[PDB]
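Overview of a structure with vilazodone.
All chains are named by letter (A, B, ...) in the order of the sequence lines, taking the proteins before the strands, and each is independently numbered beginning at 1. Keep in mind that the numbers below use all heavy atoms, side chains included, and drop hydrogens, waters and symmetry copies. We count ligands from 1, going down the list as the structure has it; atoms in each ligand are counted the same way.
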Amino acid sequence: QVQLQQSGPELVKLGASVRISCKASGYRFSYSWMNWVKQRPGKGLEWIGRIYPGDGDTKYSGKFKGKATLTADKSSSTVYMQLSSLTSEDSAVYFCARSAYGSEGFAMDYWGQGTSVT
Amino acid sequence: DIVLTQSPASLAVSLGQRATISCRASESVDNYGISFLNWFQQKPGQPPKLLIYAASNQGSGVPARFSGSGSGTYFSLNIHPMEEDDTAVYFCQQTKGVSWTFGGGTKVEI
Amino acid sequence: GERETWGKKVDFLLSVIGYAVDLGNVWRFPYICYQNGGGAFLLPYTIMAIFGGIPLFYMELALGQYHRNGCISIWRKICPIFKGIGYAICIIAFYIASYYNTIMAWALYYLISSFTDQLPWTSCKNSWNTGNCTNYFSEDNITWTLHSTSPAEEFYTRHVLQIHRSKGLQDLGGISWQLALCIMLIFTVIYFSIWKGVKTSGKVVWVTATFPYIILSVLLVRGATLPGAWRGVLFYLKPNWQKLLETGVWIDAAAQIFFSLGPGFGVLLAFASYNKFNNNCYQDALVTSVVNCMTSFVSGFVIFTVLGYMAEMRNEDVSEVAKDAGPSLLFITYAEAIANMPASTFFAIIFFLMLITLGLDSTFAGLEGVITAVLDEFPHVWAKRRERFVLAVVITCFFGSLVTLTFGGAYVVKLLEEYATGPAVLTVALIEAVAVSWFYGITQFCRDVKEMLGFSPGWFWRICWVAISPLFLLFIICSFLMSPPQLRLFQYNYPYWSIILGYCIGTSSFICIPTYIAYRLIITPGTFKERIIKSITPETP
Ligand SMILES: N#Cc1ccc2[nH]cc(CCCCN3CCN(c4ccc5oc(C(N)=O)cc5c4)CC3)c2c1
Ligand SMILES: [Cl-]
Ligand code: NA
Ligand code: NA
């Protein structure tokens, strides 16, 4: 069984930073992209970025190129994501999803319970 | 950066009526014969449970009710006759391009 | 109305060596070399070269230099009844143009895609890779299971070929437009290289035939410096004399030499039909054949110094790494080797440039042979518009190559590669040899060679031309007609109807000589005996 567990809720301080982690299990994490998506309260999903453990390649949308940076740890099978300059706009629920393989349309099969930073 | 637009932002479909949700990609999401477009469903206060992958292939542990179709630039998620346990928000994500983007979302209700 | 002689002797020499050394020398020679002995495969290889290879090469070079009339019309001075050899060679050339330039287009696509800081066949992070992908060189942590794949094989079969979108020759579906553009560039280069004739084609060859040798030297140095190359070279040369007893090794050696020198294609006739009448063809034939053989040897060294390195990296036997038979040995295997090399993104460029150039001059030579044959046979309509009829030839070659660029186009590459230029070309070469030796006198041919060079060929060459060489050609053709192939490109076992279609391809090329024999016999008057006697002697205008 594939399950992704991430840290608990944090607090949002203006101009502060957080370290949201997503441990992964049940599959060879080093061969699947690890997406992050923001969910504002009362709004829709919003893709944040990408990371491919094993190669370190990361992609970002045109909104988190500097705000969010993704990191991987092959020893602990954990994928982090650092947020900087926390405004009240980025207090939301960040889900850690795991893309499928290229042939499967990169479908985010498995998701984490979601880390709420308020 | 392919913008996805879901025309029916709201579905007031009654029990026993199939609900059609449309997607519109600015560019073609197809590549190597694989339409890069997944459909997601999100209950209130729950992680998005994947529904369809590749715009036609059924998800994992998902009812046969949920069916996806369409190829190229126009895609659909024709949900076989709806019921009370699937009134959720369905999102349209494209995984072609440097930055994958979600759709506008589409809440469904009786 | 004089022939356009070569600007220099080096022009002819470089053109012939560029023709002889082709993409077959790179993947076919080391493959067949280890499959059938290693250093024990070098004893039958050289025996077949000496006894059947050099004789045909030298014979048809001298024939073209003396009669200097190409391929279709040269039989008016040797044996008129066998004029169908030219049309058979034209059909064979059509098929070879159908598939060879598609292979070169694959090479060009790889070269174009290898201009990035990170080569696209290094990781499985890409959008074409499947869930079976695993890093080829990674640690043992990621085992290869029983059906794992490598990033480069998926790059070749899902991004370049897109073979996964087709399920065999039954649905030869869609057309890769990127490969279409690549082949269009290949064909425009080909046209502008040979459109004006031999004067420009002999100067383009100056680079197109010598640059591959520089790239081969640098690649050999790198492969030798790789860790574990000793495994590769030792597995390449370690003789297996037990494998020598079976006739299969000799069969493969003879076929390899014949298809490597490339006699019987009408292109050596076209090349030799331009250099001076008193030029020395014996010496240049010998040196060109030796150069071709040594080039095959060194290319095998280059391939195996990297095969052994890759085997050492995975801690596996070299035998488990080289099962890739054909172009997959260069687009999947050597591509994987390059992706992990220290100074990658530069070895890929030069490797694929060597591939493209060493295919480009074999294409020039074949197309020029066909063009020379047709121009010589029809000087009243052609030979004024040399620029034209090369545009037409290139256009028809591209049109025939379109089916090979489809998504299931690698299957067509392999079907044409095995049946086109199969027992069709071998029978053509056998008929040419018998027409020059038995029908056309051998004493007469040796007198012609003496008048051309200054000495009659020795008894060895006479015996080889008369008996040994046609006998070996017949031994190769009899081998092929006994065994029906079991083509299998990428987990696709070919159907029986595909084998029948391949036999139909073989028939189509060879259904020219018998039909022309029948037509010529019908045309000439008189009883049958005098009908054949008249049709057998040269016209002698
Ligand atoms: N455009 C164009 C064009 C047009 C007209 C042309 N005539 C000539 C050309 C040169 C282009 C390469 C064609 N060669 C390459 C090798 N191939 C081959 C080698 C070794 C082998 O060994 C065995 C065995 N059974 O062991 C079997 C077997 C088969 C045979 C065909 C040309 C190009
Ligand atoms: Cl060879
Ligand atoms: Na060759
Ligand atoms: Na060549």
Requested in this report: Specify every chain or ligand assigned to vilazodone.
Outcome: ligand 1
Requested in this report: Tell me which chain touches vilazodone most, using the name in UniProt.
Outcome: Sodium-dependent serotonin transporter
**Report entry** Other chains with a heavy atom under 4.0 Å from vilazodone
**Finding:** C
Query raised in the report: Which residues overlap between UniProt's Na(+)-binding set for chain C and those with a heavy atom under 4.0 Å from vilazodone?
Result: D22(C), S362(C)
Requested in this report: Tell me which transmembrane segments of chain C, counted from the N terminus as in UniProt, lie closer than 4.0 Å to vilazodone in heavy-atom terms.
Outcome: 1, 3, 6, 8, 10, 11
Report task. Identify, for atom 15 (C) of vilazodone, the protein heavy atom at the shortest distance, and state residue, atom and that distance. Result -> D22(C) OD2, 3.4 Å
Query raised in the report: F258(C): heavy atom below 4.0 Å from vilazodone, yes or no?
Result: no
Query raised in the report: Is it true that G24(C) lies under 4.0 Å from vilazodone, counting heavy atoms only?
Result: no
Report task. Report yes if some N/O of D252(C) lies less than 3.5 Å from some N/O of vilazodone; otherwise report no. Result -> yes
Query - Any N/O pair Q256(C)/vilazodone closer than 3.5 Å - result: yes
Report task. With atom 33 (C) of vilazodone as the reference point, say which of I251(C), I96(C), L268(C), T102(C) has the nearest heavy atom. Result -> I96(C)
Query - atom 23 (C) of vilazodone: nearest protein contact (heavy atom, Å) - result: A255(C) CB, 3.8 Å
Requested in this report: Say whether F364(C) and vilazodone are in contact under the criterion: heavy-atom distance to a ligand atom below 4.0 Å.
Outcome: no
**Report entry** Distance from atom 4 (C) of vilazodone to nearest protein heavy atom, with residue and atom
**Finding:** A93(C) O, 3.5 Å
Query raised in the report: Which residues flagged by UniProt as binding serotonin in chain C come closer than 4.0 Å to vilazodone by heavy-atom distance?
Result: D22(C), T363(C), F480(C)
**Report entry** Numbering as shown, the atoms of vilazodone that approach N101(C) to under 4.0 Å (heavy-atom distance)
**Finding:** 1 (N)
Requested in this report: Pick, from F94(C), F265(C), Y99(C), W27(C), the option with the minimum heavy-atom distance to atom 13 (C) of vilazodone.
Outcome: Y99(C)
Report task. Report the nearest protein non-hydrogen atom to atom 6 (C) of vilazodone: residue, atom name, distance rounded to 0.1 Å. Result -> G366(C) CA, 3.6 Å
Query raised in the report: Looking at atom 28 (C) of vilazodone, what's its closest protein heavy atom, distance included?
Result: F259(C) CD1, 3.5 Å
Report task. List the closest protein heavy-atom neighbour of atom 25 (N) of vilazodone: residue, atom name, distance to the nearest 0.1 Å. Result -> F480(C) CZ, 3.1 Å
Requested in this report: Provide the covalent bond partner for vilazodone: one residue and one atom, or none.
Outcome: none
Query raised in the report: Any idea which protein heavy atom is nearest atom 31 (C) of vilazodone, and the distance to it?
Result: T421(C) OG1, 3.5 Å
Query raised in the report: Can an N or O of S362(C) be found at a distance shorter than 3.5 Å from an N or O of vilazodone?
Result: no
Query raised in the report: In this structure, which residues build the binding site of vilazodone when a heavy-atom cut-off of 4.0 Å is applied?
Result: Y19(C), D22(C), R28(C), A93(C), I96(C), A97(C), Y99(C), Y100(C), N101(C), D252(C), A255(C), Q256(C), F259(C), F265(C), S362(C), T363(C), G366(C), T421(C), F480(C)
